[PDB]
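Here we have a structure that includes meropenem (bound form).
For reference, chains are lettered A, B, ... following the sequence lines as listed. We number chain A the way the PDB entry does; in order, the residues shown are 20-284. Residue numbering for chain B follows the PDB entry; the residues present correspond to positions 19-284, in that order. One-based numbering, in listed order, for ligands and for the atoms of each.
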Amino acid sequence: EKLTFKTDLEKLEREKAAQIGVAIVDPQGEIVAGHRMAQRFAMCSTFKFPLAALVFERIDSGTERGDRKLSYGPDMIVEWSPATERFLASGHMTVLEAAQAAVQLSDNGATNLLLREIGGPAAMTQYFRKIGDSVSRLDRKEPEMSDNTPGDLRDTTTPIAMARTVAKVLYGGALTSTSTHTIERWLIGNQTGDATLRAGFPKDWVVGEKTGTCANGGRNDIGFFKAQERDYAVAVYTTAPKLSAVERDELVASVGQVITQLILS
Amino acid sequence: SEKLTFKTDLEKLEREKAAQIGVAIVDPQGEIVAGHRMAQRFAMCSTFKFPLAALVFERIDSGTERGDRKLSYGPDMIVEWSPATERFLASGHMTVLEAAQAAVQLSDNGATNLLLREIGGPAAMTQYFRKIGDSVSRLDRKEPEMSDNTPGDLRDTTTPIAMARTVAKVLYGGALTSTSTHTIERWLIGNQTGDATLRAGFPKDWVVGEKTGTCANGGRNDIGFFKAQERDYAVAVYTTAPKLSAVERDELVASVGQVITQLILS
Ligand SMILES: *C(=O)[C@@H]([C@@H]1NC(C(=O)O)=C(S[C@@H]2CN[C@H](C(=O)N(C)C)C2)[C@@H]1C)[C@@H](C)O
Ligand SMILES: *C(=O)[C@@H]([C@@H]1NC(C(=O)O)=C(S[C@@H]2CN[C@H](C(=O)N(C)C)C2)[C@@H]1C)[C@@H](C)O
Ligand SMILES: [Mg+2]
């Protein structure tokens, strides 16, 4: 089963001129399958899911309040900030409004609003370290963190590190029961992932995920799925500079089909 | 004076676009600021989803509903334009508040019908209108058939003045607790479907929240509130333009927005 998994991903890489990093882990973080699993890839927008977990932890701890109003001006509008732009005239979004927009719309301004509050990228890297992730690192805010310069180690993760971080957040007790359920529902309700991994999964699986798109052909999808009453965490990072945007979508869906084959056998 | 210019500019749009435009603007107490065809019936289409959310919030306020209660459903609840309902289908449910937020901010029809199932159907919606002093608005059918917009059909209709006063009652007239009122205000501001309609016609510094509608035979609607020059208003706009394109109808409602702007600013 694992040789077919590797061969099928290698075929996608060959024919699409792509690199595909995949890690699937069980709720304990034990490896189910993987490909280029410790190669570094740009996180791009996928880090917004750990960012929301950070926020949830501070609310859990009484260090933050979900309804606290975060004021801003037009300087905070950057490319792809649809909710931030809608709330601009009102003058604020709450911590939780901003987090939900970052997870479910990949709103960049809302992400940066939260980054300003925690003291910037170093604090997000600090959260990765707190939950046992020594690999993932945030260095810059949006959108420049998505620059994806070849060989740059800034703003990177590995498939296995991020998959284990997903498992830690959802299954390993990083959040309260209530906060864990909330972030799970946010991932299921994500509005940006209809054409990526969940398009390649069976329609009865419960799936939630966070997408990413970066320069130089990056297209990513991380999250969880429940298949045959068993829970998994998954991270998929791909680089395909020669494909169109729609073809990169199709590539991640095709990776979803390869994962399905492995799981169902 | 400025009301006459307001009437004159809207009739200009009506002639040029082969359209009929219903507008009512009221202050927080429901007193008329200005209007056009205010007592004419129009199909509500998706604009009723804002009053539906108010209905749900009132049940939460009164302790007869819980916002986190899970509403289970299967594939037969997915209808045309049910994006959130489709995403949550495998999980098996959508909570009361999840469905209400999808109905308001995405105009999700499946989520709307899920809430209608829980409250008793269209009769319960109409009962809520009557409870808050709206003797005009009526819901008769679920989505999407309630948006048929057959000419002269009285089902699933409101008037601009009736629904502007319903908006003001919900936002300013004490229909909801302070907490629920602020929440529903934020949901309207954060609506994802209105970027090209009324909001596109108001100044960038106005605080605006609204709920759109699109129906058959050329209906395009937008209801909500705006805050301008340190003053609060409720507004309902209903239009019928069967010969316009879909994008042209967005522009029609945005033009109504700047006619409203010209009125308010003098
Ligand atoms: C994050 O990776 C970047 C933003 N995140 C995503 C994404 O998650 O896919 C996008 S693309 C965004 C989502 N769907 C929208 C769309 O295609 N249309 C509405 C037309 C746009 C952003 C690039 C972040 C680094 O900018
Ligand atoms: C209600 O009037 C109908 C639905 N409500 C709306 C609306 O609010 O205008 C639509 S249109 C739907 C929402 N935005 C989508 C879109 O245009 N893009 C994805 C760009 C389409 C529905 C028709 C209800 C009666 O069906
Ligand atoms: Mg500024």
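Lab note - all copies counted, meropenem (bound form) located at ligands 1 and 2. The largest share of close contacts with meropenem (bound form, ligand 1) comes from the chain named in the PDB entry as beta-lactamase. Other chains near meropenem (bound form, ligand 1) (heavy atoms under 4.0 Å), by letter: A. By chain and number, the binding site of meropenem (bound form, ligand 1) at a non-hydrogen cut-off of 4.0 Å is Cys63(A), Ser64(A), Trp99(A), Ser125(A), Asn127(A), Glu161(A), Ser165(A), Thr211(A), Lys229(A), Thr230(A), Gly231(A), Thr232(A), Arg238(A). Backbone and side-chain nitrogen or oxygen atoms of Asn127(A) are examined, and one is located within less than 3.5 angstrom of a nitrogen or oxygen of meropenem (bound form, ligand 1). Applying the 4.0 Å criterion to heavy atoms of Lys229(A) picks out, from meropenem (bound form, ligand 1), the atoms 8 (O). The entry models a covalent bond from meropenem (bound form, ligand 1) to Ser64(A) OG. Under the PDB entry, the species noted for chain A is Klebsiella pneumoniae. Here the protein heavy atom with the shortest distance to atom 22 (C) of meropenem (bound form, ligand 1) is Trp99(A) CD1, 4.0 Å. Protein heavy atoms are absent from the 4.0 Å sphere centred on atom 16 (C) of meropenem (bound form, ligand 1).
Atom 26 (O) of meropenem (bound form, ligand 1) is approached by the protein to below 4.0 angstrom, counting heavy atoms only. Of the protein's non-hydrogen atoms, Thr230(A) OG1, 3.5 Å is the one closest to atom 7 (C) of meropenem (bound form, ligand 1).
Taking atom 11 (S) of meropenem (bound form, ligand 1) as the reference point, the nearest protein heavy-atom neighbour is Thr232(A) OG1, 4.2 Å. For meropenem (bound form, ligand 1), the polar-atom distance check against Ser165(A) finds no nitrogen or oxygen pair separated by under 3.5 Å.
Protein heavy atom at the shortest distance from atom 6 (C) of meropenem (bound form, ligand 1) is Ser125(A) OG, 3.8 Å. Closest to atom 1 (C) of meropenem (bound form, ligand 1), if we only count protein heavy atoms, is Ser64(A) OG, 1.4 Å. When heavy-atom distances are rounded to 1 Å, the UniProt active-site residue of chain A nearest meropenem (bound form, ligand 1) turns out to be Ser64(A), 1 Å.
Residues of chain A that UniProt annotates as binding imipenem and that have a non-hydrogen atom under 4.0 Å from meropenem (bound form, ligand 1): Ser64(A), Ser125(A), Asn127(A), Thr230(A), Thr232(A), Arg238(A).
For atom 19 (C) of meropenem (bound form, ligand 1), the nearest protein heavy atom lies closer than 4.0 Å. Looking at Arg238(A) next to meropenem (bound form, ligand 1), an N or O pair under 3.5 Å apart turns up.
Counting protein heavy atoms only, atom 13 (C) of meropenem (bound form, ligand 1) is closest to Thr211(A) CG2, 3.9 Å.
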